[PDB]
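Co-structure: d-tubocurarine and soluble acetylcholine receptor.
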Amino acid sequence: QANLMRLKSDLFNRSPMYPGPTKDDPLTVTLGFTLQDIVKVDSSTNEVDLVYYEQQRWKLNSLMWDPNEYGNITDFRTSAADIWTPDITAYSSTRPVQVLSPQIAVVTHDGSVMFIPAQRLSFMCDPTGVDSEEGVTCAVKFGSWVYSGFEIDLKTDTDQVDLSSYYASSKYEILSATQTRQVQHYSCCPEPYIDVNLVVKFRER
Amino acid sequence: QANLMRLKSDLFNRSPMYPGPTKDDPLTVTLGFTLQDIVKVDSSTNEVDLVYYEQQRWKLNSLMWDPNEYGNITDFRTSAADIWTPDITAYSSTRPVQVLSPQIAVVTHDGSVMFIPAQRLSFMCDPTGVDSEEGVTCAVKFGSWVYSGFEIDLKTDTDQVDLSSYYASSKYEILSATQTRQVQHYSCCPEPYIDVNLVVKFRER
Amino acid sequence: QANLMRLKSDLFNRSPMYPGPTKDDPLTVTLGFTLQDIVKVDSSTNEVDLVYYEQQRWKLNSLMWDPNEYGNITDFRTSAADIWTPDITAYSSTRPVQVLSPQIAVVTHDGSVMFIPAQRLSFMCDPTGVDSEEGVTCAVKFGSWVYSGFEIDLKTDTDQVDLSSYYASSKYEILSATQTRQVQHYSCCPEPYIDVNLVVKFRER
Amino acid sequence: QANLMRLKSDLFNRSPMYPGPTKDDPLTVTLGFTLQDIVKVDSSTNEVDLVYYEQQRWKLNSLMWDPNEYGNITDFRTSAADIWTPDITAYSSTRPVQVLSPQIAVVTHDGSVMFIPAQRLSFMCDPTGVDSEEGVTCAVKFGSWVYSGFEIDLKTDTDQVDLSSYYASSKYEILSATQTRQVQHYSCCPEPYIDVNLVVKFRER
Amino acid sequence: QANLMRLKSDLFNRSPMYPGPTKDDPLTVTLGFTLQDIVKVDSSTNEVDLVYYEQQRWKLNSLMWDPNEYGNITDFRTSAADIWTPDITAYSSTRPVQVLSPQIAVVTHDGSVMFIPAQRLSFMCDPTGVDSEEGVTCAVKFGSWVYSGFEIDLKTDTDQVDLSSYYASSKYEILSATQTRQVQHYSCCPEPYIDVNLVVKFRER
Ligand SMILES: COc1cc2c3cc1Oc1cc(ccc1O)C[C@@H]1c4c(cc(OC)c(O)c4Oc4ccc(cc4)C[C@@H]3[N@@H+](C)CC2)CC[N+]1(C)C
Ligand SMILES: COc1cc2c3cc1Oc1cc(ccc1O)C[C@@H]1c4c(cc(OC)c(O)c4Oc4ccc(cc4)C[C@@H]3[N@H+](C)CC2)CC[N+]1(C)C
């Protein structure tokens, strides 16, 4: 534990925290979703509740170290509060997202960070037709709240949502689930905006 | 990165925080709304729930810098906790407002700040007649809680609520949505009080 | 800005915070209610929900200053957390009160403080008869939780609750609303206790 | 206020906080309940909600002073965060307890502390028979979560629950309410455990 | 009080907090569940709510002392905030866990820690058949959120859940409850992953 304490002190206590990305030093965040359950549909307010894991990854020069200088530590776990993290947010939630897991990240000696919060999210969806063979389609966009594509770029590893852990006995079965990078341009500004579109088709039985 | 780190230290770590405006140093806050959805109407209690983005802009001389002195940085993002923010509040909410987005501001080198919190708001409105073709009109005033017009002035860029992001499968159809600056006068004191009246006429799908 | 920052620095950063009143240096807190809406009535549990502004005023010697020494500043606004506040409490709530407004107060150069929190309160009341013409009466007492009348006295400026802001389209119509200072003797204790009794008579409109 | 400021500084800003009791230096906490209302009875989940004031009293040598040294001050009010407090817990709650009063205590010159949190508690009870002339009996135990009776001894001043403030128009009549110190033997541990059994008999209307 | 104050200062105020385990300095956490009550069952969302006490035990060399040096103190109670605690998490919750007990742990002179948070948990569970003689079986896995079996190994003293405290009058009767260590291996990586599977069979009473 002596070496890890030294490393953390060197990384965190010995310099001002990373002030986030800028156009001159942009960063790429990879997003991936693991859908666990569709827990609730409300057809009187058009709200649907999902439970999922959101995998985020990024890399910072300021979090790099040489394992040989620290007893060959190649990675460590630490509170998310200890590091900068991206402001990735649902764009059409209807209630504050509910965090279901400890806020702890894994940092690797190449400066890469992996952070996987589990969340319950209520978002806007008209669920009518959910009780049919065809099912229904809902969508919610995820992206930075304040950084344009010039500061934060988003990427997915695959366009397919991970369904391997979807609750087998859910009230709702998943027909398809995709996660797709998009580039928007608002008629006010020249910079691109990026989001990842979570599109889920599902039905009752 | 080095220059941004130095700039924030100069802006935030060297002086005390802006103590807010006064009659001698008044401020103008620009407000605007982007209505995403009407998520609930409760006819038993006369409450209606909105989800919206709330644009706020103002400008502080104490947040100014010369880009040439800081590696040509022209603006930056920072936690809204790092800066003074106006106490803009709904005048007829029935529940604490729920914040749906990160609290992060954009600061520009001219001292301008832009802050766009997304919110779920419950407020007083009698929805009677919402299920007619003529619909129903509700209204909520927004303004400073403790500053009069001598200290904080309000403006809208436009009197038209931004509806271009309105949920396309909402239970409710928006007939009109305006945001209008108003000068109030309580028969207690001379100084004027300013508010922005959000007025929304809508009906069931 | 400079003068104000200097004033606050002098009032808040140079001496320990005011530790609250004692018998030898008692304080008077003036209370007043602006009733905005009766939002909910629950006959299953005998709970009624009110939304109101609670106006509080008191005066501290330690908050005085000479405007001439501070650029003619005669008053200022500041976070409620910067100052001592009375522990004024509803005595028969059934849920934690919910705060609907920013916790900011106005401080004046003679040491007077004005604080007006907006709140939603659930309290004990049997609504039986609310649907009639006579309506129903409910009452709730407000006062310090831990200070006796030897340390904090209360008073009202008028025993008439301010209804000039009551929601015109409430489900309930106010027939009467009074706020009355009471002096209580508790058999446990030789000190006088003071409360303000908010009595509201109302019916379905 | 000068004298009170000195006293708090001497009591609080000189030594570490009291680290809580040990077998070598045990502490006795006195508990007393004032039942204000049985708010809710859920027959579908067997949950009952009470509102009560839980009076806690204990005494510490480290909180003692001589009034002659501090301007005849014999007691003072202070934030509960300023002092050690016992971890008295309801043992079969089903939701986190909700605090309804300010977290402030009264400290007296003999080192005695009195802290009276008003709370709303949901707990496990089968309300079958509540709608009979005989009513139903429910019980809830209170005591330290982590201290044995070797470290914290509990007592009541009376076995009779204070019903003098019970809400006159509750949906429920109280047939009886008692609070009884129990010495408990757990087979895990040779040390005695102590709890206070709150037993309430009640019926509809 | 003096000796304990010394001990806490020596354990907590001299060195940095334990930074958590690593592959070189792994840690075993022992878990044991005491099931108090199955409180809710929702067949429209497939969620079930449990109240239980989760015993957690582990041992750090950095928490050891010689009782002879500290007045024979053999163990002490302290806020869970003063120490490192393992990130043990339910893998299929549908809402943030609710904490029902004080966050206070017991530390023993051999460096061992015992911490027993009482909690209400909502987790994914199809209750179909709960209203039958055979009842239904649900399960939820517990483990570290970010540590693999190389860093945190889990174990149970027994595979039988503690039922000695189950609410006698619950709406649901417990047919069986087991808690068993399991070793997973996720396709991506080679390190073992460890969880404790809590399996409850139950029926309406
Ligand atoms: C639904 O569409 C939007 C999606 C998103 C945003 C904003 C969107 O559209 C809006 C954009 C604006 C207000 C309200 C909006 O609803 C701000 C916009 C604007 C101004 C100055 C700028 O600086 C010079 C600037 O860049 C601006 O444009 C953006 C500001 C923030 C964001 C995007 C664009 C991120 C912002 N956030 C949550 C991410 C997703 C002044 C006023 N003006 C309205 C023109
Ligand atoms: C690791 O598990 C426990 C941890 C702790 C305790 C008890 C625990 O589990 C037990 C709980 C019980 C017996 C044996 C136990 O081993 C009592 C339990 C019970 C009854 C009545 C209650 O009131 C009407 C009640 O609240 C009960 O549950 C608790 C009682 C005390 C404590 C917790 C729960 C605190 C008690 N102690 C000091 C703190 C930590 C009667 C029937 N029943 C046996 C089911």
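Quick note on labels: first sequence line is chain A, next is B, and so on, each numbered from 1. Scope of the values below: all heavy atoms of this structure, side chains included, with no hydrogens, waters or symmetry mates. All ligand and atom numbering here is 1-based and tracks the order in the structure.
- With a cut-off of 4.0 Å on heavy atoms, the other chains touching d-tubocurarine (ligand 1) are A, B.
- Of the polar atoms of B:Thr34, at least one N or O is found under 3.5 Å from an N or O of d-tubocurarine (ligand 1), judged by distance alone.
- For atom 11 (C) of d-tubocurarine (ligand 1), the nearest protein heavy atom (residue, atom name, distance) is B:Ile116 CD1, 4.6 Å.
- Of the options A:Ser148, B:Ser112, A:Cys188, the smallest heavy-atom separation from atom 18 (C) of d-tubocurarine (ligand 1) is shown by A:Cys188.
- Protein heavy atom nearest atom 25 (C) of d-tubocurarine (ligand 1), with residue, atom name and distance: A:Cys189 SG, 4.0 Å.
- In terms of protein heavy atoms, atom 29 (C) of d-tubocurarine (ligand 1) is closest to A:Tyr193 OH, 3.8 Å.
- In terms of protein heavy-atom proximity, atom 21 (C) of d-tubocurarine (ligand 1) is closest to B:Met114 CE, 3.0 Å.
- Given atom 1 (C) of d-tubocurarine (ligand 1), the protein heavy atom at minimum distance is B:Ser165 OG, 2.9 Å.
- Nearest protein heavy-atom contact of atom 8 (C) of d-tubocurarine (ligand 1) is A:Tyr186 CZ, 4.3 Å.
- Within d-tubocurarine (ligand 1), counting atoms from 1 as listed, the ones closer than 4.0 Å to a heavy atom of B:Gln55 are 41 (C), 42 (C), 43 (N), 44 (C).
- Distance from atom 39 (C) of d-tubocurarine (ligand 1) to its nearest protein heavy atom, with residue and atom name: A:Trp145 O, 3.3 Å.
- Using a 4.0 Å heavy-atom cut-off, the binding site of d-tubocurarine (ligand 1) is formed by A:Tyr91, A:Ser144, A:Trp145, A:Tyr186, A:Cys188, A:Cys189, A:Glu191, A:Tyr193, B:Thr34, B:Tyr53, B:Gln55, B:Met114, B:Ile116, B:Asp162, B:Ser165.
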